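Figure: imatinib in its bound pose on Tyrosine-protein kinase ABL1.
We're sticking with the PDB entry numbering for chain A, so the shown stretch reads 224-227, 230-273, 280-387, 390-498, in order. Determined by X-ray crystallography, 1.8 Å, according to the entry header. Heavy atoms only: backbone and side chains are in, while hydrogens, waters and symmetry mates are out. Start at 1 and go down the list; that is how both ligands and their atoms are numbered.
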Amino acid sequence: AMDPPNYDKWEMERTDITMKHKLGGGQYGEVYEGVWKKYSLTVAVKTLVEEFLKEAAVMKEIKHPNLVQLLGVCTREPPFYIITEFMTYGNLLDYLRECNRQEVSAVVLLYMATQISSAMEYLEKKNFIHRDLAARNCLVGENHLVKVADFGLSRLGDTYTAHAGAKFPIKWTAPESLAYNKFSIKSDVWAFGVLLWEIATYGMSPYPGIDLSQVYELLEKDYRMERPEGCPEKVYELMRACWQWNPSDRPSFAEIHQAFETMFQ
Ligand SMILES: Cc1ccc(NC(=O)c2ccc(CN3CCN(C)CC3)cc2)cc1Nc1nccc(-c2cccnc2)n1
Ligand SMILES: COC(=O)c1ccc(Cl)cc1N
Ligand SMILES: [Cl-]
Ligand SMILES: [Cl-]
Ligand SMILES: [Cl-]
Ligand SMILES: [Cl-]
């Protein structure tokens, strides 16, 4: 930590953190479990350049109860660290697959959807684009608390597939993103509808068995995924709204969050 001369309040003493093993069996790349000794606090620590420093810069501009919280950075000297909170129950997709379904009931699914749409309303308000919203990019803490993250998973199976030295998760990717490389808050809104279907099925893969090279074709012919067992009609209506072909026809996250709020009470 710096003395208030290029001061950055986020810079911390690398030595304050005890680095343990790679997190989640190595599924996150160079991310480690850590203890910030002086707070007795378990943390997540991503390590390694422009991309990495641009990510740290972005995280300093964002703060929301449902976005994973940046705690500090070590970016003076290598090896560079970005340090965030550690969320006890791990990524949402695995959580939903593994959970006690009597505990994670219909109302809990509603609560998860609602928290995520909150985070996305805040990114929408700040003019940020997520670009890879999916259950695999969300984290679960105590009492069903859910936060949106971005683990940079595209180069870490067939979830992502190549597009010009880019890899895209086709089944979460809006039609104008597939066809024109156009990303916006409205392509996040499309991805959010897919996320809602993940939550509604307790973590099933979307478009089951559908070959990736026929996805665009099908969507252009108005095919959409069917309503999951037990999913309220109103929630399915929101999903279908998120999957409107023209991005301008899709609701805002402000609208979506308000719709879930109304339901969640
Ligand atoms: C250690 C770390 C470093 C960086 C990040 N970064 C982000 O999560 C993030 C979130 C949002 C943005 C916003 N950004 C807007 C612009 N578009 C293009 C991209 C997204 C950027 C980065 C998270 C983490 N946290 C993290 N990473 C991997 C795994 C875990 C983890 C695993 C299990 C239990 N608890 C925590 N925790
Ligand atoms: C009561 O709300 C629900 O049942 C519910 C809400 C969100 C999702 Cl994604 C699925 C559900 N099944
Ligand atoms: Cl300051
Ligand atoms: Cl995890
Ligand atoms: Cl952005
Ligand atoms: Cl937690």
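All instances of imatinib together account for ligand 1. Under a 4.0 Å non-hydrogen cut-off, the residues that form the binding site of imatinib are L248, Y253, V256, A269, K271, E286, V289, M290, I293, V299, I313, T315, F317, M318, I360, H361, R362, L370, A380, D381, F382. Atoms of imatinib lying under 4.0 Å from any heavy atom of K271, numbered from 1 in the order shown and given with element: 1 (C), 3 (C).
The PDB entry names the source organism for chain A as Mus musculus. Near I360, the atoms of imatinib lying under 4.0 angstrom from a non-hydrogen atom of the residue are 15 (C), 16 (C), 17 (N), 18 (C), 19 (C). Of the protein's non-hydrogen atoms, the one nearest atom 22 (C) of imatinib is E286 OE2, 3.5 Å. Scanning all protein heavy atoms for the shortest distance to atom 13 (C) of imatinib gives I293 CD1, 3.6 Å. Among all non-hydrogen protein atoms, the one lying nearest atom 25 (N) of imatinib is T315 OG1, 3.0 Å. Lab note: most residues of chain A in contact with imatinib fall in UniProt domain Protein kinase. With ligand atoms numbered from 1 in the order given, imatinib contributes 17 (N), 18 (C), 19 (C), 20 (C) to contacts under 4.0 Å with heavy atoms of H361.
Here is the list of imatinib atoms found below 4.0 Å of a heavy atom in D381: 6 (N), 7 (C), 8 (O), 9 (C), 10 (C), 19 (C), 20 (C). Close approach to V299 involves these atoms of imatinib, each under 4.0 Å from a residue heavy atom: 8 (O). UniProt's ATP-binding annotation for chain A and the heavy-atom shell under 4.0 Å around imatinib share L248, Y253, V256, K271, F317, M318.
When hydrogens are left out, the protein atom nearest atom 37 (N) of imatinib is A269 CB, 3.6 Å; that is the closest non-hydrogen contact. Distance cut-off 4.0 Å; other ligands and ions near imatinib: ligand 4 (chloride ion), ligand 5 (chloride ion). Residue contact check: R362 has heavy atoms under 4.0 Å from atoms 18 (C) of imatinib. Protein heavy atom in closest approach to atom 14 (N) of imatinib: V289 CG1, 3.9 Å.
Closest UniProt active-site residue of chain A to imatinib, with heavy-atom distance to 1 Å: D363, 6 Å. Below 3.5 Å of separation, one finds no N or O of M290 facing any N or O of imatinib.
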